[PDB]
Colleague: 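Our group is looking at a structure that contains dihydrotestosterone; some questions.
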Amino acid sequence: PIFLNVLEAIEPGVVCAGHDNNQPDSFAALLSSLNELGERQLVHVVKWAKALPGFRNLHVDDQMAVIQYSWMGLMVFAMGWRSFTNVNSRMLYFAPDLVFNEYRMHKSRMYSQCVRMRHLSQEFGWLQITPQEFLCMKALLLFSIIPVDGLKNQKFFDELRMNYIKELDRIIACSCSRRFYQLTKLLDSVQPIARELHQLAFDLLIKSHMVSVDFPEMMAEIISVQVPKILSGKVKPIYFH
Ligand SMILES: C[C@]12CCC(=O)C[C@@H]1CC[C@@H]1[C@@H]2CC[C@]2(C)[C@@H](O)CC[C@@H]12
């Protein structure tokens, strides 16, 4: 069980957003705390990804690119799991100090995206996703979005992605065919959600000075340098189906 030993050992712990929960639920306050949470989670996503089996086989530039394209999906998938295990998924458990109820979903001006994130969260229950299946699926999501012109060493990426798909198939095997279809459909469903959030993030960065929404340093860098490559079609998700 070497592969799952590693995935369990490197899984990040709790990350707080730093939100002041006794101020009013304003658009600016909620979105600023979400941006701060993103900046804080990015630290952990980088350390997690660098410790994955085989990740250092990738060329160093492909290592940062793959993190910088897939962070949205990774973070939404993990938040869906937190919500499913914590508030059972009529709320969104972004962080222990940033839990969205319906009021916050409206004041954030993200209600429709939050609905879709809630549906993602509920699928962990409907499909009875095990912790091992969650861990393998999440690792795969790191290897599920790349430039259309390819990475600096695409061949090493294709081998690594192959091997993570094989590990997912092994966890299922330890009926099988139905399960694999269900899980790969679930993985595919993350990308349209992440794309809606990529669009929201970009639009909000552009008009941030006017809606009093603060963007941390690495969030502002990634949203203005990398996210527009996704929105303009230069970087695309790899779908199973
Ligand atoms: C990844 C984050 C923060 C981490 C998390 O749990 C999921 C959540 C999804 C919405 C993102 C948010 C970071 C800040 C963003 C990108 C806002 O700018 C717009 C949508 C927000």
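Counting from 1, the numbers follow the sequence of the chain as shown. Heavy-atom basis, side chains included; hydrogens, waters and symmetry copies ignored. Both ligands and their constituent atoms are indexed starting at 1 by order of listing.
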Colleague: For dihydrotestosterone (ligand 1), which chain gives the most heavy-atom pairs within 4.5 Å, and what name does UniProt use for it?
Modeller: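 Per UniProt, the chief partner is Androgen receptor.
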Colleague: Taking heavy atoms under 4.0 Å, what residues and nucleotides bind dihydrotestosterone (ligand 1)?
Modeller: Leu31, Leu34, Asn35, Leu37, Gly38, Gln41, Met72, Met75, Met79, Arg82, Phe94, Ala201, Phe215, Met219
Colleague: Taking 4.0 angstrom as the limit and counting only heavy atoms of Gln41, give me the atoms of dihydrotestosterone (ligand 1) inside it, by number and element.
Modeller: 4 (C), 5 (C), 6 (O)
Colleague: Can you list the dihydrotestosterone (ligand 1) atoms lying under 4.0 Å from a non-hydrogen atom of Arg82?
Modeller: 6 (O)
Colleague: Could you list which atoms of dihydrotestosterone (ligand 1) come closer than 4.0 Å to a heavy atom of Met75?
Modeller: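 Checking each atom against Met75, I get 1 (C).
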Colleague: Tell me, which protein residue and heavy-atom name are nearest atom 21 (C) of dihydrotestosterone (ligand 1), and how many Å apart are they?
Modeller: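 Residue, atom and distance for the closest contact: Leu34 CB, 4.5 Å.
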Colleague: Identify, for atom 7 (C) of dihydrotestosterone (ligand 1), the protein heavy atom at the shortest distance, and state residue, atom and that distance.
Modeller: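 Here the nearest protein heavy atom works out to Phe94 CD2, 3.8 Å.
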Colleague: Do protein heavy atoms approach atom 14 (C) of dihydrotestosterone (ligand 1) to less than 4.0 Å?
Modeller: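 Given the 4.0 Å limit, the answer for atom 14 (C) of dihydrotestosterone (ligand 1) is yes, a protein heavy atom qualifies.
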Colleague: Which residue holds the protein heavy atom closest to atom 11 (C) of dihydrotestosterone (ligand 1), what is that atom called, and what is the gap in Å?
Modeller: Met72 SD, 4.3 Å
Colleague: Find the UniProt domain of chain A where most residues contacting dihydrotestosterone (ligand 1) lie.
Modeller: NR LBD
Colleague: Among protein heavy atoms, which sits nearest to atom 18 (O) of dihydrotestosterone (ligand 1), and what does the distance come to when rounded to 0.1 Å?
Modeller: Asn35 OD1, 2.8 Å
Colleague: As an exercise, identify every atom of dihydrotestosterone (ligand 1) less than 4.0 angstrom from a heavy atom of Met79.
Modeller: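 Listed by number with element: 6 (O).
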